[PDB]
Amino acid sequence: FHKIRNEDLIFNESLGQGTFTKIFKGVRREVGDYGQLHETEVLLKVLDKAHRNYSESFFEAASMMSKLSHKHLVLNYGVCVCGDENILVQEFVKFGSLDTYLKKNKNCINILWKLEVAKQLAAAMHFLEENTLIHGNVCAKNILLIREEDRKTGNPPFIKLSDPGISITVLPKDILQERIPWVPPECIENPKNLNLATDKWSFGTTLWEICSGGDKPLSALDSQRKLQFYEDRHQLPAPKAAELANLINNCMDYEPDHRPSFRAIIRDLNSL
Ligand SMILES: O=C(Nc1c[nH]nc1-c1nc2cc(CN3CCOCC3)ccc2[nH]1)NC1CC1
């Protein structure tokens, strides 16, 4: 990881929170190409000091994204570990995370938009699967909208997958249960069951989000009822726009070895 000096970073407005993290828009002063000086808009992700003990995992989550280069994976610029701070410096995405975008724009998002976004996310996940690299936290909150759809120029939206954050293999059990139904049942049973098939299940949950205008599946159930939801082997209800419902349920298969490869997922999306 490239080291960035605290003096080169300016913190601006809070953009949100993650698990034990706070997110800010910022500016990085840097020497760029041809030696030209730039002030670049950056994403500053700060691990809470009270949870400094997660630092390794916090940074490892980003390292996974930095080992491979792909048009659908967020760019990591570096880290700032000056003083008592653990700061991840990433690219700033203009339109924010996909969950909020779906909630705010669900009245003007049609099936073609959801299909294109789904194809792009499946392409990112197929890239990861080919490299046998587990993400571990696929969800709408970890998808960023680089570009909006422009039907005037026939231009589709463009998304990137962001880093998973602190791994579910070290997170407290109550948080994992709160993350049902993104965390697959085998990982609720044993978080060390984290595998490539995890990402297929969570991909299904994320498709449900994309089809549900920003709603959170099972949000009305508390942790105990989410657990029992897995115990009784329920599936999510079909979204009102149910064009992808069968794909969602096929990905959210309680048998991990039966979850389809992302190549088959992509073939299914292209058939629709
Ligand atoms: O990783 C995240 N966000 C980002 C990573 N890279 N860039 C971002 C990001 N970029 C963001 C930009 C906005 C500004 N809004 C955008 C949509 O239109 C209204 C204003 C808000 C939040 C944003 N988050 N998680 C989101 C904060 C909870």
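Numbers for residues simply follow the sequence, beginning at 1. Just so you know, ligand 1 is whichever comes first in the structure, and atom 1 is the first atom listed for that ligand.
PDB records give the name of the drug at ligand 1 as AT9283. Within 4.5 Å of AT9283, most heavy-atom pairs belong to the chain that the PDB entry identifies as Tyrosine-protein kinase JAK2. Comparing heavy-atom distances from atom 3 (N) of AT9283 across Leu98, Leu75, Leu144 singles out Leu144 as nearest. For AT9283, the atoms sitting less than 4.0 Å from at least one non-hydrogen atom of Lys94 are 12 (C), 16 (C), numbered in the order shown with element in parentheses. Source organism of chain A in the entry: Homo sapiens.
Set against the non-hydrogen atoms of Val93, the atoms of AT9283 under 4.0 Å away are 6 (N), 7 (N), 9 (C), 10 (N), 11 (C), 12 (C). Taking a cut-off of under 4.0 Å to the non-hydrogen atoms of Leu43, the atoms of AT9283 that pass are 4 (C), 5 (C), 6 (N), 7 (N), 8 (C). Every atom of AT9283 with a heavy atom of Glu91 under 4.0 Å away is listed here by number and element: 6 (N), 7 (N).
Structurally, no covalent attachment point of AT9283 is modeled.
Defined by non-hydrogen atoms within 4.0 Å, the binding site of AT9283 is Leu15, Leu43, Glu91, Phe92, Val93, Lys94, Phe95, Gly96, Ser97, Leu144.
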